[PDB]
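Structure record follows, encoded as structure tokens.
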Amino acid sequence: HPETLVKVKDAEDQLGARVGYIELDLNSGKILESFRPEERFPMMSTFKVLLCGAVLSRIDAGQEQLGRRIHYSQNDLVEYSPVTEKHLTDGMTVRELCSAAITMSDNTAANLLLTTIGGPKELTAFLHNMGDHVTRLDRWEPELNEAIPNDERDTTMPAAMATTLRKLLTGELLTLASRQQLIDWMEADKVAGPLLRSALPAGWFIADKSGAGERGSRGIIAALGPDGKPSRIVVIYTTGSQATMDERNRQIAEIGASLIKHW
Ligand SMILES: *C(=O)/C=C/N[C@@H](C(=O)O)[C@](C)(Cn1ccnn1)[SH](=O)=O
């Protein structure tokens, strides 16, 4: 809606930074609203949904199992590993690692899952293979969050990320069971509370993944809709702001309130 576009531009003003925005119809793929849809932004922890999509694709092909147990050491742990830091002696299943990467944004869990598929360049190959020639991962946690201005490493465009999320959640790309598992992890997201979830009324469905990086980078990808079912994809990215985490949270929440109000 035009008034959501007014609020996206007001968010640029308040953050002193670029904001990218797209709304897709989940069913048809049609673009309902866009701002800077083909400019690049750092993905930050939003890549973790694409990573677990690549993992589920391998499970579908008989090349991985949800139940396989992985052992790791102290020296694998990076900053913010609230689940993985508790399982040094017993390890974690692939299932537990995707849950920790998506719902808790555990950084070690994402690194362990990147190891299973052969690193960032194999996530990029998975994406090329399904028709996304824009989205790219180049680095591991934590360096992929550096957000150097004009650096195209570890970036997407709002339009590319929205199309890719749609193909993962509703295509023939994953099996029915794998689609359902990916959206179930995103629905149990525990660390996106002050973003679209704070504007979302009781009775609405949301499956999302949030991201934060250096140089005021912030973002969210989501499947949401009324009556307990998703019917739209929303992608919001910003980078460059000097504003506090609270002020960046508040601007994305206000974009959310406007999207809901003018649904
Ligand atoms: C999700 O988007 C994860 C990004 N990681 C950032 C962040 O959450 O801001 C980390 C945890 C921030 N950080 C760096 C050093 N100390 N904290 S890191 O993984 O870039």
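Throughout, chain A uses the PDB entry numbering, with the displayed residues spanning 26-288 in order. As the structure lists them, so they are numbered: ligands from 1, and atoms in each ligand from 1. Heavy-atom basis, side chains included; hydrogens, waters and symmetry copies ignored.
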**Prompt:** Which drug molecule has been modeled at ligand 1?
**Reply:** tazobactam (bound form)
**Asked** What name does UniProt give to the macromolecule most in contact with tazobactam (bound form)?
**Response** Beta-lactamase TEM
**Message:** Could you check which UniProt substrate-binding residues of chain A come within less than 4.0 Å of tazobactam (bound form), heavy atoms only?
**Reply:** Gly236
**Asked** What do you reckon, does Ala237 have a nitrogen or oxygen under 3.5 Å from a nitrogen or oxygen of tazobactam (bound form)?
**Response** yes
**Message:** Does the protein come close to atom 20 (O) of tazobactam (bound form) - that is, does one of its heavy atoms sit below 4.0 Å from that atom?
**Reply:** yes
**Asked** What are the identity and the minimum heavy-atom distance (to 1 Å) of the UniProt active-site residue of chain A closest to tazobactam (bound form)?
**Response** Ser70, 1 Å
**Message:** I'm curious whether the model shows a covalent bond from tazobactam (bound form); which residue and atom, if any?
**Reply:** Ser70 OG
**Prompt:** Under 4.0 Å from tazobactam (bound form), counting heavy atoms only, is it the side chain of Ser70, its backbone, both or neither?
**Reply:** both
**Heavy atom of protein closer than 4.0 angstrom to atom 1 (C) of tazobactam (bound form)** = yes
**Request:** Please could you name the atoms of tazobactam (bound form) that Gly236 approaches to less than 4.0 Å, counting only its heavy atoms?
**Result:** 2 (O)
**Prompt:** Any N or O of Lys73 that comes nearer than 3.5 Å to an N or O of tazobactam (bound form)?
**Reply:** no
**Asked** What organism is annotated as the source of chain A in the entry?
**Response** Escherichia coli
**Message:** I'd love a list of the residues lining tazobactam (bound form) within 4.0 Å - heavy atoms, by chain and number.
**Reply:** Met69, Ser70, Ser130, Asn132, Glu166, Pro167, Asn170, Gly236, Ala237
